[PDB]
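The following structure holds danusertib.
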Amino acid sequence: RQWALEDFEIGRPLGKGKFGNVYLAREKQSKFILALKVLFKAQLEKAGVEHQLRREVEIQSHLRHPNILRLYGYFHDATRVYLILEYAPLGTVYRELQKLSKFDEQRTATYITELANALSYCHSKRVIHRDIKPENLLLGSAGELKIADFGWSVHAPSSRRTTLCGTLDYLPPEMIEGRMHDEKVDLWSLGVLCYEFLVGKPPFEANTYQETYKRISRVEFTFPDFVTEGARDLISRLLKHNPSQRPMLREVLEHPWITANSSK
Amino acid sequence: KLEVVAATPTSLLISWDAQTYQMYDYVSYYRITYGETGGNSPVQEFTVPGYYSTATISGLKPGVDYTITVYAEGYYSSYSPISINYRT
Ligand SMILES: CO[C@@H](C(=O)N1Cc2[nH]nc(NC(=O)c3ccc(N4CCN(C)CC4)cc3)c2C1)c1ccccc1
């Protein structure tokens, strides 16, 4: 439908963005609580991220999965852009990791299970997220994982996939080495994410971006002693330099360490 | 504007990457119509999601003048049709 600001009741601000705020909102017709993200066009064009906004809206509006933050629609006036998003009441996985320093194996395996289910849904539509990281993950009412921020996402048959994009600590090696990439970059970043959940820090951390790009390209990382053998096996299977050697999400869900620790 | 990338006596691969859209005017889906050029046939149609840039039309008649038309249907606008003629 032709959404407009007159269709929503606006409450308190939920959080902060780079080019606006996110408010608690309610659809007057059904009294359904949602999240309203405001994006100032002046702050958008100054950063030159308008193309990423077009990508996020045109892709995320077609994704319906229990572990993907729904984008019900959007609209815009002369000064701002509005995104009608699903409400995630428990916050970001990033803040939960800041609190607990690191997650146990049960909470981590359940997150990976849910994330692999959503990625399998995206990959079934030839859609690659290319920005998996805790700061892009929200938590549902029952504590379920919800993937958000699809600005770096891509439709594989509709692009050449030869430009580097994502977050520094989560970049796959094929991107740093300038080669064509596909759905396997989500499998790499999933393994980087599994490491940070159990350890508390990304595996290729460095004081400069020169060294991080070097450590990723050569796959230079080690495990602390408290990481179990089943977790090292999954992360090592996911953090393979060759994208073709990385497993399928179906196999990640069937991995013995996920099967023995995941709640879902 | 519209371009035929690949060719096959029974299938075509079209691409509308050149079609630029208005800022903050995002595409919801595409309406792609194809049929014999100049005929009175009903013309077959189908839709692809808005994030698509290419599409594959299959099951066509070899050696037939076809007219490929794409309607970019945004969430708040209807863009001007773009067409191309290609002989299978
Ligand atoms: C900036 O964009 C938002 C965005 O698009 N969104 C869409 C969307 N939907 N629901 C959201 N939730 C929150 O913003 C939020 C923040 C804090 C919160 N609590 C803080 C206080 N605690 C005591 C309880 C829990 C609970 C919910 C968001 C953000 C975003 C943020 C992070 C990751 C991805 C997207």
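Numbers restart at 1 for each chain; the letters A, B, ... are given by sequence-line order, proteins then strands. Atoms within each ligand, like the ligands themselves, are counted from 1 in listed order. Only this structure's heavy atoms are used, side chains among them; waters, hydrogens and symmetry mates stay out.
In this structure, the main binding partner of danusertib, as named in UniProt, is Aurora kinase A. By chain letter, those with a heavy atom nearer than 4.0 Å to danusertib are A. Heavy atoms within 4.0 Å of danusertib belong to A:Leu14, A:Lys16, A:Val22, A:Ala35, A:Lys37, A:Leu69, A:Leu85, A:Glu86, A:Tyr87, A:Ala88, A:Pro89, A:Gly91, A:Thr92, A:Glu135, A:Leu138, A:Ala148. When hydrogens are left out, the protein atom nearest atom 18 (C) of danusertib is A:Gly91 CA, 4.0 Å; that is the closest non-hydrogen contact. With ligand atoms numbered from 1 in the order given, danusertib contributes 34 (C) to contacts under 4.0 Å with heavy atoms of A:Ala148.
In the vicinity of A:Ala35, heavy-atom distances shorter than 4.0 Å reach the danusertib atoms 8 (C), 9 (N), 10 (N). Of the protein's heavy atoms, A:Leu138 CD1, 3.7 Å lies nearest to atom 28 (C) of danusertib.
Among the ATP-binding residues UniProt records for chain A, the set within 4.0 Å of danusertib by heavy-atom distance is A:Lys37, A:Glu86, A:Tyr87, A:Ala88, A:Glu135. Protein heavy atoms are found less than 4.0 angstrom from atom 1 (C) of danusertib. Of all atoms in danusertib, numbered sequentially from 1 with element shown, those under 4.0 Å from a heavy atom of A:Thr92 are 32 (C). Annotation for danusertib: atoms under 4.0 Å from non-hydrogen atoms of A:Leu69 are 7 (C). Near A:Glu86, the atoms of danusertib lying under 4.0 angstrom from a non-hydrogen atom of the residue are 8 (C), 9 (N), 10 (N). For danusertib, the polar-atom distance check finds an N/O of A:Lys37 within less than 3.5 Å of one of the ligand's N/O atoms.
Geometrically, danusertib and A:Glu135 share no nitrogen or oxygen pair separated by less than 3.5 Å. Using UniProt active-site annotations for chain A, the residue nearest to danusertib and its heavy-atom distance (rounded to 1 Å) are A:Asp131, 9 Å.
Less than 4.0 angstrom separates some heavy atom of A:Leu85 from each of these atoms of danusertib: 5 (O), 7 (C).
Every atom of danusertib with a heavy atom of A:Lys16 under 4.0 Å away is listed here by number and element: 1 (C). Residues of chain A contacting danusertib are concentrated in UniProt domain Protein kinase. Per-atom contact check: atom 30 (C) of danusertib does not touch the protein, criterion being a heavy-atom distance below 4.0 Å.
Of all protein heavy atoms, the one lying nearest to atom 10 (N) of danusertib is A:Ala88 N, 2.9 Å. Distance check on atom 23 (C) of danusertib: every protein heavy atom falls at or beyond the 4.0 Å cut-off. Nearest protein heavy-atom neighbour of atom 16 (C) of danusertib: A:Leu14 O, 3.7 Å. With hydrogens left out, the protein atom closest to atom 25 (C) of danusertib is A:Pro89 O, 3.5 Å, a heavy atom.
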